[PDB]
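Reminder, nothing fancy here: chain letters follow the sequence lines and each chain counts from 1. Side-chain atoms are counted along with the backbone in the values below, which use heavy atoms only and exclude waters and symmetry mates. Counting convention: from 1, in listed order, for ligands and their atoms alike.
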2 protein chains.
Amino acid sequence: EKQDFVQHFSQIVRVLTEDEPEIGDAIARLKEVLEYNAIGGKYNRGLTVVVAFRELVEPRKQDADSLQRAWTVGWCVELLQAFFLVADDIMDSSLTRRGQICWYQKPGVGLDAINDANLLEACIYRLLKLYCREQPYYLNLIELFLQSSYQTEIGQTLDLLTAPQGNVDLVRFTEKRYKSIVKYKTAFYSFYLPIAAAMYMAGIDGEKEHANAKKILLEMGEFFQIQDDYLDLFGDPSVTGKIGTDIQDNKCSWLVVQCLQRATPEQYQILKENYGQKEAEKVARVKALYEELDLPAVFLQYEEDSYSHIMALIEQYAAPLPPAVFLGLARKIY
Amino acid sequence: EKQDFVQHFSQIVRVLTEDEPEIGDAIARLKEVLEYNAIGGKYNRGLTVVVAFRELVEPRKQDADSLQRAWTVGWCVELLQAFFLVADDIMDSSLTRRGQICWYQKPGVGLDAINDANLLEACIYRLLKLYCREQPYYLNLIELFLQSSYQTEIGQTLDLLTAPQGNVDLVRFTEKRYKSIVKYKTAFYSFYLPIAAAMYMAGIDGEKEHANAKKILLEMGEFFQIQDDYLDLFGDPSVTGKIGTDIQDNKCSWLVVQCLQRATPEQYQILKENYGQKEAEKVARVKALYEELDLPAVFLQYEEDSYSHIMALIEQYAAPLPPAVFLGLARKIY
Ligand SMILES: O=P(O)(O)C(O)(Cc1cccnc1)P(=O)(O)O
Ligand SMILES: O=P(O)(O)C(O)(Cc1cccnc1)P(=O)(O)O
Ligand SMILES: [Mg+2]
Ligand SMILES: [Mg+2]
Ligand SMILES: [Mg+2]
Ligand SMILES: [Mg+2]
Ligand SMILES: [Mg+2]
Ligand SMILES: [Mg+2]
């Protein structure tokens, strides 16, 4: 299934590049931005649009063109992600992503990658218009993408407000605060977004149904960012494909929050003295305080308990949607 | 008229900030981003929406609420501009704007201002939904803002492709190329955008009419960027409110294009040896080559000839719109 999704990408780059004449060099650059930046991940968020589309729509309405609209809106979720990651990797001062150097760390790109990210966002709406203009769900999708863009930028704002360069923020790191950040920066666009899109494509616009689906899916995304945080420090970088910067970027990590509520006063000071600084030996002290506190073990328990809780929420809130929508998702993330 | 437009801004910040609870600090930050970044200019682009609204709509349909929608869509054109300038001042490595330091040069903002610009763009569509959701022109406006965002990002792309840091690009500087850049990066969102918005608000959706209005307005914006370029080097910075970076940023300026087509071979080499470098004495040599070539005089003639040409285009293409729409605009820019 991921094979057929990735092959559809060559067509979306054809249509996105078919505007060629005076703007020839800019189209080319956009091509190059698309290939470097949308390709290379797992495609879970975009495939999710398509998988749930097939589960929610009557197979007698799965026209070859309605299927193509589904492939395209899935790619739109991947361009959103790609827009946010490019910018995010500047702001976080990250080195690699998806096994290559962050695009803006490329000789000859640098801060021009701010335009480039902006262009990736613009492509969403060019795609929606080319494919979904005359569909009844056109405006609902535009509005969903825009709203999930806003929520994600609110989350980024808190993410950064909470993590100033060169400033001990330890007291700012609460669970309350952690949950607010990940709710907005991650849960909306990675989980609620692609399910909600498929739903509007299937003519399920009921407000209580999106709410119920959102109840489940926001908690899934909350787990997924907890996982992202854990793996920033403890993930095999030949697997994750990205070098981690949380500690040096002085971030409100699940890890630090959990550390802070188990640390002795002496341990608090090790963190105070060592967190949020670019010196490897400083980063190493924190990682070792985390390992001494048995945080990989705590993560593993939390992963078990969150899973049980998410499945209980599917029991409560999935109907009248097929549970398989939410269960295939949970399979993929846990 | 600019007084009543600027006073409406306090209400748009109220509504934009009325989402307050967990996201309290992010709303606050957004407030601060709005005030620093949307306030402080001349407001010509946003007022234009409102002025043309009053000229295009039947006064018996200028409800107090339809007038409020007009004020709000004008502010939406100013948030677009503000989104683009913030990012632009990073990418151009500018120092000041509107008489204060570029926002991202502010202690404690830096590259976080990438999120901030993104948030400013998102506010357009939050405003359109709060005020224009149930209007017949809702989707036409969303689509116009999005499309003018794309075109502007295509223009930025060429602007930068054409001006690499530390690389003699002289041969790349043509008129053909100059015109393509300013067409996209400036003409669409500063001139066609606000007139077209007012037009859709007045229920003038005719395709040939937008084309005709666009014929006039794209050339006005082409002049306006030529003016912007001239003033980057020759403008009183107590008036312009911004320090110029064109030469050091190795940019395809109207000035350089014009220089390059009048320079002697020896003069070409002065430019080759001196353009696109951060050394003040280097910048000074170029400025003096421009003054020796009598470019302020050439600009002044071009300003006269472009004006005559724009007014001839108004003769041809304004009908059935009131010429006053286009004439008030020309007054403001020349
Ligand atoms: O991929 P990354 O940088 O680990 C991340 O997940 C990317 C990201 C970007 C925007 C919203 N949410 C997550 P972050 O929170 O920055 O750690
Ligand atoms: O205000 P600036 O930087 O003079 C400018 O006009 C700003 C700008 C931003 C985006 C599109 N067009 C103009 P630029 O072309 O960068 O010189
Ligand atoms: Mg990041
Ligand atoms: Mg981040
Ligand atoms: Mg991370
Ligand atoms: Mg600039
Ligand atoms: Mg610029
Ligand atoms: Mg300029």
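- The drug positioned at ligand 1, selected from lacosamide, risedronate, minoxidil, is risedronate.
- Counting heavy-atom pairs under 4.5 Å, the chain with the largest count for risedronate (ligand 1) is, by its name in UniProt, Farnesyl pyrophosphate synthase.
- Other chains in heavy-atom contact with risedronate (ligand 1) below 4.0 Å, by letter: A.
- Atom numbering of risedronate (ligand 1) starts at 1 in the shown order; those under 4.0 Å from a heavy atom of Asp92(A) are 16 (O).
- Closest to atom 15 (O) of risedronate (ligand 1) among all protein heavy atoms lies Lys185(A) NZ, 2.4 Å.
- Among the UniProt-annotated dimethylallyl diphosphate-binding residues of chain A, those with a heavy atom closer than 4.0 Å to risedronate (ligand 1) are the following: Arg97(A), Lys185(A), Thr186(A), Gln225(A), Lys242(A).
- Listed by atom number, the atoms of risedronate (ligand 1) under 4.0 Å from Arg97(A) heavy atoms are 1 (O), 2 (P), 3 (O).
- Close contacts between risedronate (ligand 1) and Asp228(A) involve ligand atoms 2 (P), 4 (O), 5 (C), 6 (O), 14 (P), 17 (O) [criterion: under 4.0 Å to a heavy atom].
- In terms of polar-atom proximity, defined here as any N/O pair under 3.5 Å, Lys242(A) does make such a contact with risedronate (ligand 1).
- With a 4.0 Å heavy-atom cut-off, risedronate (ligand 1) is reached by no atom of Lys251(A).
- For atom 13 (C) of risedronate (ligand 1), the closest heavy atom belonging to the protein is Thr186(A) OG1, 3.3 Å.
- The UniProt annotation of Mg(2+) binding in chain A and a heavy-atom cut-off of 4.0 Å around risedronate (ligand 1) together pick out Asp88(A), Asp92(A).
- Looking at atom 3 (O) of risedronate (ligand 1), its nearest protein heavy atom turns out to be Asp88(A) OD2, 3.0 Å.
- Of the candidates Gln156(A), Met91(A), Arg98(A), the one placing a heavy atom closest to atom 10 (C) of risedronate (ligand 1) is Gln156(A).
- Applying a heavy-atom cut-off of 4.0 Å to risedronate (ligand 1) picks out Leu85(A), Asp88(A), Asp92(A), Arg97(A), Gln156(A), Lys185(A), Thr186(A), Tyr189(A), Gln225(A), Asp228(A), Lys242(A).
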